[PDB]
Engineer: 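Please find one structure pasted underneath; my questions will follow.
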Amino acid sequence: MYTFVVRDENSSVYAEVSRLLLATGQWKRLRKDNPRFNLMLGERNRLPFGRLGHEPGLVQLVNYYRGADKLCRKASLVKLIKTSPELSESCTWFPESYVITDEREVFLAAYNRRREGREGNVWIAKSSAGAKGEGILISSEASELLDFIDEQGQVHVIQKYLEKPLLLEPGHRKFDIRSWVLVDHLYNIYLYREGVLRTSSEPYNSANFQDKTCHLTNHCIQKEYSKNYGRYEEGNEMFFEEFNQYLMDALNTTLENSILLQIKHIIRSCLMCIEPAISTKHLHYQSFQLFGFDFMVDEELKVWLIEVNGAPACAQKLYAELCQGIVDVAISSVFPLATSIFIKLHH
Amino acid sequence: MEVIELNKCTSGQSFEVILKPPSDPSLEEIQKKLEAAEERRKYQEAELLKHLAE
Amino acid sequence: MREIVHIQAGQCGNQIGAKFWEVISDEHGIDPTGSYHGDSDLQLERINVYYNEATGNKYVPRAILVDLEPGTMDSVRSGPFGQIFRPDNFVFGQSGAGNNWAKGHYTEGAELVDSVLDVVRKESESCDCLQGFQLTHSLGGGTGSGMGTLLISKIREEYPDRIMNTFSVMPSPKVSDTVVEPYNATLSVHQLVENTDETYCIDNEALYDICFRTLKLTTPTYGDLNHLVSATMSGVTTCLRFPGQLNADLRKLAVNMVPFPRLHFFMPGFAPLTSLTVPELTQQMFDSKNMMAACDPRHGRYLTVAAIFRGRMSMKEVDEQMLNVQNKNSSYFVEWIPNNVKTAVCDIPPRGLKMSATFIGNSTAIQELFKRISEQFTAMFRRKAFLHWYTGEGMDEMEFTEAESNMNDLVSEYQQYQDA
Amino acid sequence: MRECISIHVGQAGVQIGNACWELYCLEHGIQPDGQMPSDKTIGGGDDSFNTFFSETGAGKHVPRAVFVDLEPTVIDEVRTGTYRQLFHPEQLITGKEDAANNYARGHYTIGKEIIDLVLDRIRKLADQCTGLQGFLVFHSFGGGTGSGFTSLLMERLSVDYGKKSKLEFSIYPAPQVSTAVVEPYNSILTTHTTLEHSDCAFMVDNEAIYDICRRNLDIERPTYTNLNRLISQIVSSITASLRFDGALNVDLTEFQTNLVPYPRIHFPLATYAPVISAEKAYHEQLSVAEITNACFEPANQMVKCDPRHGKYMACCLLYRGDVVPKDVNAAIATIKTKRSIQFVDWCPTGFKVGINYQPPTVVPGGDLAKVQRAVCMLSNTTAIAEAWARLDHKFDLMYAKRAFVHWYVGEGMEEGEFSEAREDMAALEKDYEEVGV
Ligand SMILES: Nc1nc2c(ncn2[C@@H]2O[C@H](COP(=O)(O)OP(=O)(O)OP(=O)(O)O)[C@@H](O)[C@H]2O)c(=O)[nH]1
Ligand SMILES: COc1cc(OC)c(/C=C/S(=O)(=O)Cc2ccc(OC)c(NCC(=O)O)c2)c(OC)c1
Ligand SMILES: Nc1ncnc2c1ncn2[C@@H]1O[C@H](COP(=O)(O)OP(=O)(O)CP(=O)(O)O)[C@@H](O)[C@H]1O
Ligand SMILES: Nc1nc2c(ncn2[C@@H]2O[C@H](COP(=O)(O)OP(=O)(O)O)[C@@H](O)[C@H]2O)c(=O)[nH]1
Ligand SMILES: [Ca+2]
Ligand SMILES: [Mg+2]
Ligand SMILES: [Mg+2]
Ligand SMILES: [Mg+2]
């Protein structure tokens, strides 16, 4: 049969993956340091890529793409989009972002440009360290944002805040879309049919930007600091069936046409840009990886990329269907035994 | 893509190409350590022989 | 590293040694008279490892036959290959050892040991590059255990820089001669733990079980057990005796098989068991039923393994099957010694069989065997039963308590390394 | 002209040296009896090939080499082989008992007894040199002789010829083709001991050469002969600049100048293309662009690692055969567009290129097909640190339990040497990390 090792003890998705692998009866689970494995569910930090693919008589596979971090760290993503010809600074689906090699000087210029017109000058300061939904300040004055940046030790990026976001009703509430993507060892790009909408439970407000719950749509922040949680939709999470129904009823369009095309395009562009850097097609070991893409949708039904998560958490209701899918497409394809849930994004 | 310092002969050529620009222990110690190792080994052998003698 | 000096002591030692010499003499094309009638030069390339080239192009085993009784050595001299051995290499007394370790080690054996060492010295002087010594003996009797261990100690004193290798037959009540076998064995193991580099643990319990429940022999004789032993000794010495990519010698074996100095007791294995594809060879030789030490390797872990496949086979499938067995039995190999399994192939199969495989494992499951001995020891020693046999030869109870402690310590070290 | 002296230590070094000198004789037109009909200066000369061959009055061309092994059989094969009369009997030095895969035996107990004799033979060769550049040292990491005795010899050479350059060709151990369980220990022990005495070292991972043989030569189970003929091709590429008329890497100091910006980071990665089977009756001769691109495929590297995830400090392309600069430059521009080649900021992004018009030479009746053009790339990249990491980890697994340590202590070493060597290796990995990202 097959062997696999677990090194990311606390990750929901791959906890379930190992559960199902063991349940198949044809996979053994060794100790974390045992080198004779077929499959490594690796750690998120300092994963020893240098040691894989050196065991004679062992085909080795790992659930992470060495080099994918360039896509999954904020400043790294901004530099990738700015310096990569495949998706230049002129690419329309990523907000105007500046790293702060420092880009403060070139940011002040676009800020001055902002000032001339009445158009909004709202920005959002972001850092990769603030995973716990904190470390962000939204204000129209740049001096405040820069003072915050200096007060915080980590490196940051400033983004243009989407002052006119697409608002759900009833509620007048903001949201973001999480799409799950699986890249297998052949670099097929599979988009999970089911995505989620993390919805701001408490209505949006253009006046004050310190209203953190109506401006920041994160499940944890919404659960902790929002008075109503699950009022409009269960768990502050909407799924594509009802969201598509709402799109039809309110805007007379479908999820596939108004949103999903742009999402597929952005996923394909990002993952094709870095393919030459991270592909394992001719490597002594193989990689697959699951990504969580986060999108905003503005008032004009345009889709914007916010961030890419390389260590994504799933949605409780979907864990079962997606995890199995992983096994079927990422693991069992390299290690056989014994209608699809994905969309192949061809290239 | 600047080629510089082209050299040719009948056996072949060599050259350089710039695509972008930039942005001991003495013998005494040897003998000493070799003989320190040998003294450790000699001591170990003498310990073995002492044990065998008892 | 060329010449090996072979020593067989006591009844069991000399019987298994005789069978070893006739088996390998057949393999090398040497007949009972010592003349070479083989067909391949590969039989003679490294024949000096075990044979001296005498006058008239005769080959004489570099072997010394020791006993405190003349009987078994008389029967050896009378046997098929009896005339092959060097006449003055027979060294024997008359009194015997009475299955008494003290007699072989302290009293009777003491009188004969210097004569033995004189013969050993003469054999070693003629050696271009002496590897060391291999001794065949049992641990349950008196001459093999007591006098063989005394010999090992004196030889180490004279040749501290040579490899000491033993084939040591362990006692079991299933093939018991006397009730004092555990005593003799425990006292011997202490000696072996200190003065040998490699010991092949030949367990009479395992040999009996294999003869009874696998070869279907209803009543196994000593010869039946010996046949298994000689097959194992041929297999385990194959790479020393024949040219191969390995270029094996006793010291390289010790260095690569013994990670900790005291844990140098190997479980041999053989396939097929007699009185076949590469997958079958691999599966059988790793099967507990094919183990010569009566221990369940599924009860411990392999520190190191060395295996030889003999016959005309694809080395590719041998590699594949060895890797497959390691992967399907991953839990039974320690993970903190990388690449701890070594394999070789020899194109010359043993007599009558076209494919065979021999296995050497340094497994912590060997602790079971020592536990078995220790318990049997303590059950008598707690009552001081049969001690007078040994105190009458001058021994004290302290020496028994010391041997007991050393063997229990050995067991605890094996247990330590089993829990990685 | 300035002579170079080859030193082949242990089994791996001796057999690789046999392959190399066979290839040299084929490339220079020297027969197995040492006669070289194309040589018109008898008993002497100033030619490029004279850097590797001295001449006798009888017109015999004799390698400037010594072969050392603590055991005699392998060098016995040279004494009684096709090139028996090629070497002077004093060039082949053997003992009686080997190091038993034990670095301590090679370095301390057995090696100490033979170091003076080897140095005397080496001095006998050096005294015949008007100008001596340095030494090329062939050995394995894994063997007891190749590790311990080589380290001892390197220290003594530093003492005796401090001015001279020392280049290494080192076989990095692989389980697919291995002899000892303790090969990691030896590997680290010798590296730590040799690091400050070696100016530039070309590591060849047996795993990479093995897989290249299996894959490109369709050899099910490669032998040491297969591995060594491929290695000899690579080594010949590296030394052709020393043996032939040229402008690039024409002396041993140039290897350090061109490839090594820091003394301790002196392990350049070698990549070679094309490797094509002689047995394939149908073959498509590859262009300059194709072999140059192959130079950036991990599958063609002498060590398996991913240069995409490291940084370059130097890059040198050594072509042989039908190659003109035009094609090289075009192919480089293409590759630069299509590949991830990041240099360190404190070095220029450039390639040094050498072209020898003579196509690669193959042993008649070998597995390597004759090709019209070939290329060996030597790039000093931090990605090679992967190898060190791999090796160190194995060391750590055993040393945590002190497994096998008693064999080394029994020869006179202390555990302190183990921990000291491992600390030096940790420092080396730290250096590679600092230069790279
Ligand atoms: N590529 C290649 N590797 C070899 C060759 N011979 C041995 N090796 C490798 O070298 C390592 C063993 O070292 P050896 O050179 O055989 O040992 P040694 O230098 O003679 O030292 P001793 O232990 O005394 O025998 C293993 O990793 C082998 O795989 C060879 O001819 N070619
Ligand atoms: C079954 O009868 C055998 C007898 C042997 O000797 C008399 C050897 C072995 C001889 S040897 O001279 O090759 C030394 C030796 C032994 C084991 C090793 O591994 C654990 C290694 N290291 C290899 C590695 O890295 O795995 C080396 C034997 O096994 C091929 C089998
Ligand atoms: N430029 C912008 N315009 C409007 N809203 C923005 C924005 N940038 C970020 N946001 C809001 O920030 C919220 C969280 O940001 P983000 O997701 O980048 O932080 P994060 O990575 O810590 C949480 P996660 O990685 O789980 O999605 C989103 O809900 C989004 O609405
Ligand atoms: N396997 C095997 N064991 C034997 C043989 N002869 C004796 N033994 C065992 O060896 C021990 C007896 O010792 P023995 O060799 O007879 O005594 P010694 O002559 O005094 O050394 C007991 O465990 C016997 O079972 C034999 O031919 N084969
Ligand atoms: Ca000349
Ligand atoms: Mg995040
Ligand atoms: Mg008896
Ligand atoms: Mg050797």
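The order of the sequence lines fixes the chain letters, beginning with A. Chain A is numbered as in the PDB entry; the shown residues are, in order, 1-100, 125-362, 372-380. Since chain B takes its numbers from the PDB entry, the residues it shows come out as 6-28, 44-74. Chain C uses the PDB entry numbers throughout; the residues present, in order, are 1-42, 45-277, 286-360, 369-438. Numbering of chain D is taken from the PDB entry, so the residues present carry the numbers 1-437, in order. The header says X-ray crystallography, 2.4 Å. Whatever order the structure lists ligands and atoms in, that order sets their numbers, starting from 1. The displayed model is a subset of the deposited entry, and contacts were enumerated within the subset.
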Engineer: Out of interest, what does the PDB call the drug at ligand 2?
Structural biologist: rigosertib
Engineer: Which macromolecule is the chief neighbour of rigosertib (ligand 2) by contact count, per UniProt?
Structural biologist: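 Greatest contact count: Tubulin beta-2B chain.
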Engineer: Taking 4.0 Å as the heavy-atom contact limit, which other chains touch rigosertib (ligand 2)?
Structural biologist: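 By heavy atom, the other chains are C, D.
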Engineer: Can you pull out the closest protein heavy atom to atom 19 (O) of rigosertib (ligand 2)? Residue, atom name and distance to 0.1 Å, please.
Structural biologist: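 For this ligand atom, the closest protein heavy atom is C:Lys352 CB, 3.1 Å.
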Engineer: Help me out: what name goes with chain D in this entry?
Structural biologist: Tubulin alpha-1B chain
Engineer: Among C:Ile347, C:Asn167, C:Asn258, which residue places a heavy atom closest to atom 15 (C) of rigosertib (ligand 2)?
Structural biologist: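 Going through C:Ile347, C:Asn167, C:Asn258 one by one, C:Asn258 has the nearest heavy atom to atom 15 (C) of rigosertib (ligand 2).
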Engineer: Using a 4.0 Å heavy-atom threshold (strictly under), name the region of C:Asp251 that reaches rigosertib (ligand 2): side chain, backbone, both or neither.
Structural biologist: backbone
Engineer: Tell me the contacting part of C:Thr240 for rigosertib (ligand 2): side chain, backbone, both, or neither, using a 4.0 Å heavy-atom threshold, strictly below.
Structural biologist: neither
Engineer: Report yes or no: does a heavy atom of C:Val315 sit under 4.0 Å from some atom of rigosertib (ligand 2)?
Structural biologist: yes
Engineer: Looking at atom 30 (C) of rigosertib (ligand 2), what's its closest protein heavy atom, distance included?
Structural biologist: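 Answer for atom 30 (C) of rigosertib (ligand 2): C:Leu248 CD1, 3.2 Å.
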Engineer: Of the backbone atoms (N, CA, C, O) and the side-chain heavy atoms from C-beta on, which set of C:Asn350 has a member under 4.0 Å from an atom of rigosertib (ligand 2): side chain, backbone, both, or neither?
Structural biologist: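 Answer for C:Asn350: backbone.
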Engineer: Distance under 4.0 Å to a non-hydrogen atom of C:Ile378: what atoms of rigosertib (ligand 2) satisfy this?
Structural biologist: 1 (C), 2 (O), 3 (C), 4 (C)
Engineer: Identify which residues UniProt lists as binding GTP in chain C have a non-hydrogen atom closer than 4.0 Å to rigosertib (ligand 2).
Structural biologist: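 I count no UniProt residue with a non-hydrogen atom in range.
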Engineer: Identify, for atom 31 (C) of rigosertib (ligand 2), the protein heavy atom at the shortest distance, and state residue, atom and that distance.
Structural biologist: C:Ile318 CG2, 3.3 Å
Engineer: Can you list the atoms of rigosertib (ligand 2) that are under 4.0 Å from a heavy atom of C:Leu242?
Structural biologist: 7 (C)
Engineer: Given D:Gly142, C:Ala316, C:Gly379, which one has a non-hydrogen atom that is nearest to atom 29 (O) of rigosertib (ligand 2)?
Structural biologist: C:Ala316
Engineer: Suppose I only count heavy atoms of D:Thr179 and a 4.0 Å limit; which atoms of rigosertib (ligand 2) are within that range?
Structural biologist: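 Rigosertib (ligand 2) atoms under the 4.0 Å threshold to D:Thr179: 21 (C), 22 (N), 23 (C), 27 (C).
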Engineer: Identify, for atom 8 (C) of rigosertib (ligand 2), the protein heavy atom at the shortest distance, and state residue, atom and that distance.
Structural biologist: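 Looking at atom 8 (C) of rigosertib (ligand 2), the protein heavy atom closest to it is C:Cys241 SG, 3.6 Å.
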Engineer: Do any UniProt Mg(2+)-binding residues in chain C place a non-hydrogen atom less than 4.0 Å from rigosertib (ligand 2), and if so, which?
Structural biologist: none
Engineer: Any atoms of rigosertib (ligand 2) less than 4.0 Å from a non-hydrogen atom of D:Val181? List them with their elements.
Structural biologist: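 Taking each heavy atom of D:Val181 in turn, rigosertib (ligand 2) has 19 (O), 20 (C), 22 (N), 24 (C), 25 (O), 26 (O) under 4.0 Å.
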Engineer: Decide whether an N or O pair under 3.5 Å exists between C:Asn349 and rigosertib (ligand 2).
Structural biologist: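 C:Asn349 vs rigosertib (ligand 2): N/O contact under 3.5 Å present.
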Engineer: Which residues, given by chain and number, touch rigosertib (ligand 2) within 4.0 Å on a heavy-atom basis?
Structural biologist: C:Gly237, C:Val238, C:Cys241, C:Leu242, C:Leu248, C:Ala250, C:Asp251, C:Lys254, C:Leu255, C:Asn258, C:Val315, C:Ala316, C:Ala317, C:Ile318, C:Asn349, C:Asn350, C:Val351, C:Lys352, C:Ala354, C:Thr376, C:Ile378, D:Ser178, D:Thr179, D:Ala180, D:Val181
Engineer: Show me a pair-per-line table, with atom names and distances to 0.1 Å, of protein N or O atoms that are under 3.5 Å from an N or O of rigosertib (ligand 2).
Structural biologist:
{"residue": "rigosertib (ligand 2)", "atom": "22 (N)", "partner": "D:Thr179", "partner atom": "O", "Å": "3.2"}
{"residue": "rigosertib (ligand 2)", "atom": "25 (O)", "partner": "C:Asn349", "partner atom": "ND2", "Å": "3.0"}
{"residue": "rigosertib (ligand 2)", "atom": "25 (O)", "partner": "D:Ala180", "partner atom": "O", "Å": "3.2"}
{"residue": "rigosertib (ligand 2)", "atom": "25 (O)", "partner": "D:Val181", "partner atom": "N", "Å": "3.3"}
{"residue": "rigosertib (ligand 2)", "atom": "26 (O)", "partner": "C:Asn349", "partner atom": "O", "Å": "2.9"}
{"residue": "rigosertib (ligand 2)", "atom": "26 (O)", "partner": "C:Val351", "partner atom": "O", "Å": "3.3"}

